Enquirer: 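Sending over a structure as structure tokens; questions will come in a sec.
What you see of chain A is 2-57, 61-85, 100-317, 324-524, where the numbers are those given in the PDB entry. Heavy-atom basis, side chains included; hydrogens, waters and symmetry copies ignored. Counting convention: from 1, in listed order, for ligands and their atoms alike.
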Amino acid sequence: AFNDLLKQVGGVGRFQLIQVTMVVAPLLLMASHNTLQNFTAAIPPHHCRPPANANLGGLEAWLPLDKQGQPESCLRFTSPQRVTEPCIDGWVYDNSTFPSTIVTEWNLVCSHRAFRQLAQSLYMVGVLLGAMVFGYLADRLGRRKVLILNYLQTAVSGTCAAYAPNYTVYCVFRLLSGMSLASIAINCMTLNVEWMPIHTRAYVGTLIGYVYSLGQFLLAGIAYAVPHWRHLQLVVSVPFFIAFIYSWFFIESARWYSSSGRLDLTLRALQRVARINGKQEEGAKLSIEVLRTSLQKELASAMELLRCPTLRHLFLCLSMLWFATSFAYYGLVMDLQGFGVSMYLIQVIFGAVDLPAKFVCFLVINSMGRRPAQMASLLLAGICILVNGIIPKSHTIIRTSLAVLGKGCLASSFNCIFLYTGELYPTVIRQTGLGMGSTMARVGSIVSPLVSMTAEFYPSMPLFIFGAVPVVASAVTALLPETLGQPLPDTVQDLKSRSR
Ligand SMILES: CCCN(CCC)S(=O)(=O)c1ccc(C(=O)O)cc1
């Protein structure tokens, strides 16, 4: 049993802590890269630029007013003061708060403001692609080698996106940066669990969710001192150059080495760690024959989830839970400008509510159960988003509190759905089901920017859609069975026995 070798070579020793911390460090900037468009693509107030030949009645005579008493964003009078025409001569952007964003740089306003959501959608497309493309590559080149490439790719793509000359190049490199960063998080949990004892896997999963939470604090601080979008994009990308330098000293997972049929590589990795842990004597006792004897016992397809009728309803129901959680999450954390409060304050509060929300989730999970915790978190998040759309924008304090509560509930749902998925699937398909569930989360983060484009015609439509989906997801949770206090299933037969 590989757990016995891990315990023999040191268990949770110096090497485990060092490698875990080094590997989990990029998760701090993971959130910054995920939600950078809140600050690099912020929309400042804008209006039609008056004609160059005309002399500034003044500016107020050239801009028609709206119902709220503000100049129209993309309408100007043909003659000074009533025929209105779009901004042929460009827009004038208020630089009091945002000196320059991709919206002001390339005029992604009005007839072109849908390009702002397309850039975020394309970045999440790379995140989905990186999960699938680099997931297969990790199983061939190893988790360490792929992590070295991902640090280089993120630094190069992030720097290149900062120096992008036009919109097309920015979208391509944002997609490329997402590909490596998606596998950075995936290979961070994979490489960590293979070097850590089975009884401490829950700590790794909890820690990764934590490091993502303090990553939201970092983005608000970084974006505050670095308001320019080109500098902000570059600043959050150059640390991966440093991570690339020290990633050469990582130790490849010994479990993967055995799966590749290379026991000599497995033995050297185990002996090297025991040197670090201070157990050279036990490491010297290990031999190639001993590894074969211990790992002999250790040594289904993704289409099985759609073939077995019992597994079908588990895969379908869990997919909606994964989709709706991420679909509503990214439709809410990527709309920080509508609450009437400073965006840096909202980002700080959004990351601050994560800590009590996950703490409350563990209390509810252990007390009432996984299913009531999943229903309550999704239903409350859906209700909070729905009420947010109904309430007028003038209630900045009330609307912010509902968004913060909804964000906390959605973050609560993310923690519960990860634990719920592990205890639902049998051990034969537990890893495949977890990967497929995370895939649907990435799909939800792709469709969410597309739904946000519907604010062109119906301003309240995205909020209604972002809120209605979690409500339906809470209903579909009732079909799932409660797993609190129940033994973990091993085969498909255990699933039928529990249902019967
Ligand atoms: C399975 C990946 C989920 N994600 C969506 C991918 C597009 S995620 O962005 O990486 C994320 C979000 C929030 C939390 C949390 O606060 O618990 C953790 C992870």
Enquirer: Look up in the PDB entry the name of the chain making most contacts with ligand 1.
Expert: Solute carrier family 22 member 6
Enquirer: Specify the drug or drug candidate modeled at ligand 1.
Expert: probenecid
Enquirer: Which organism does the PDB entry give as the source of chain A?
Expert: Rattus norvegicus
Enquirer: Which UniProt transmembrane segments of chain A contain a heavy atom that sits under 4.0 Å from probenecid, numbering from the N terminus?
Expert: 5, 7, 8, 10
Enquirer: I'm trying to map the binding site of probenecid - which residues have a heavy atom under 4.0 Å from it?
Expert: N35, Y230, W346, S350, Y353, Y354, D378, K382, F438, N439, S462, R466, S469
